Amino acid sequence: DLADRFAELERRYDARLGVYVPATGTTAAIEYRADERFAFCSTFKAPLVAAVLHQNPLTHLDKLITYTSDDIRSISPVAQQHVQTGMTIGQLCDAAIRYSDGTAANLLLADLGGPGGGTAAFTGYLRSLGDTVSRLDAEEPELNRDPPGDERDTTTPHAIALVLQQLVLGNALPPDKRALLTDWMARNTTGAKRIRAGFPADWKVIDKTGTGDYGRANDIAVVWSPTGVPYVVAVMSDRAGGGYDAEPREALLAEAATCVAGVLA
Ligand SMILES: *C(=O)[C@@H]([C@@H]1N=C(C(=O)O)[C@@H](S[C@@H]2CN[C@H](CNS(N)(=O)=O)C2)[C@@H]1C)[C@@H](C)O
């Protein structure tokens, strides 16, 4: 039983686990705590890049953005190397997705603009995709820090899976912008030990990860079978029982994905 297995994993890792795979032709939806709120963490960067792509001509990607010392306030493996020179919007999108750069996300939020440093417009984008659940309230690093239970900066496995489905598989973006978003997620460097680890090598995996305080570890993916059948997989977890400093546990997501992969194979 799938639900029994997910509950076992929760006891093993002293964690709360959320899983959603939308229904397809012949497979029913997989759901475990799928309508419970979990912090976005860095998973919001996937729809953020889509929002920025949608809002502008494609050659906005070539616009240079400048920033400084006081702009580096969170984990930013790329933006710290380029503070002296600046980064184009395209470079910022690449870094936000592939390295989960926090400063890049902040700069992209500012580019989208409006109240709350871009967070209201970000939420507005999700609303336009029929998501009435998710909300973004703060930027990096505050968005990862809300107490367990707090609804600020949250999505649900269910809501984020439906958003990602429209972005990658549906027609939320035109084909050329859709391909840019897909390729970046395909070239993600942070996801090897999460959903990727649960699926056989001949299945294609594209993803965006999230990690935060209270043992928070997320992964949202689109996967393709060897025969080109796509599936959207959302896995979210936290470990509130360990407090603010609870270690995130990638292995939980890898195990949960393995259980998902077994059903879809
Ligand atoms: C988003 O959730 C934050 C940012 N994103 C992360 C992610 O995994 O999505 C990390 S980035 C980086 C990848 N793992 C590194 C830790 N090294 S370790 N412990 O050996 O795996 C961190 C980071 C939290 C947010 C800052 O934007």
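Count residues from 1 along the sequence. Side chains included, hydrogens not; waters and symmetry mates left out as well; all remaining heavy atoms used. Remember, it's 1-based here, ligands and their atoms both numbered in the order they're listed.
Sitting at ligand 1 is the drug doripenem (bound form). Contact analysis gives the chain with most pairs under 4.5 Å to doripenem (bound form) as the one UniProt calls Beta-lactamase. Atoms of doripenem (bound form) lying under 4.0 Å from any heavy atom of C41, numbered from 1 in the order shown and given with element: 2 (O). UniProt lists residues of chain A as binding substrate; of these, a heavy atom under 4.0 Å from doripenem (bound form) occurs in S100, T209, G210, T211. When distances from atom 12 (C) of doripenem (bound form) to the protein are checked, no heavy atom turns up under 4.0 Å. Counting only heavy atoms, the protein gets under 4.0 Å from atom 2 (O) of doripenem (bound form). For doripenem (bound form), the polar-atom distance check against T211 finds a nitrogen or oxygen pair separated by under 3.5 Å. In this structure, atom 25 (C) of doripenem (bound form) has protein heavy atoms in its sub-4.0 angstrom surroundings. On a heavy-atom basis, rounded to 1 Å, the UniProt active-site residue of chain A that sits closest to doripenem (bound form) is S42, 1 Å. Atom 8 (O) of doripenem (bound form) is flagged as protein-proximal [any protein heavy atom, distance under 4.0 Å].
This entry records a covalent bond between doripenem (bound form) and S42 OG. Scanning all protein heavy atoms for the shortest distance to atom 22 (C) of doripenem (bound form) gives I75 CD1, 4.5 Å. Taking atom 27 (O) of doripenem (bound form) as the reference point, the nearest protein heavy-atom neighbour is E140 OE2, 2.7 Å.
If you check each of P77, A39, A96, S100 against atom 6 (C) of doripenem (bound form), the one with the closest non-hydrogen atom is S100. For atom 16 (C) of doripenem (bound form), the nearest protein heavy atom lies 4.0 Å away or farther. For doripenem (bound form), one of its N or O atoms has an N or O atom of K45 under 3.5 Å away. At a distance under 4.0 Å, no protein heavy atom can be found next to atom 19 (N) of doripenem (bound form). As stated in the entry, the source of chain A is Mycobacterium tuberculosis.
In terms of protein heavy atoms, atom 4 (C) of doripenem (bound form) is closest to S42 OG, 3.2 Å. Counting heavy atoms under 4.0 Å, the binding site of doripenem (bound form) comprises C41, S42, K45, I75, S100, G102, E140, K208, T209, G210, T211.
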Would you tabulate the polar-atom pairs, meaning N/O of doripenem (bound form) against N/O of the protein, with distances under 3.5 Å, reported to 0.1 Å?
unit_1	atom_1	unit_2	atom_2	d
doripenem (bound form)	2 (O)	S42	N	2.8
doripenem (bound form)	2 (O)	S42	OG	2.3
doripenem (bound form)	2 (O)	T211	N	2.8
doripenem (bound form)	2 (O)	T211	O	2.9
doripenem (bound form)	5 (N)	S42	OG	3.0
doripenem (bound form)	5 (N)	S100	OG	2.7
doripenem (bound form)	8 (O)	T209	OG1	3.4
doripenem (bound form)	8 (O)	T211	OG1	3.1
doripenem (bound form)	9 (O)	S100	OG	3.3
doripenem (bound form)	9 (O)	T209	O	3.3
doripenem (bound form)	9 (O)	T209	OG1	2.8
doripenem (bound form)	27 (O)	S42	OG	2.9
doripenem (bound form)	27 (O)	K45	NZ	2.9
doripenem (bound form)	27 (O)	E140	OE1	3.4
doripenem (bound form)	27 (O)	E140	OE2	2.7

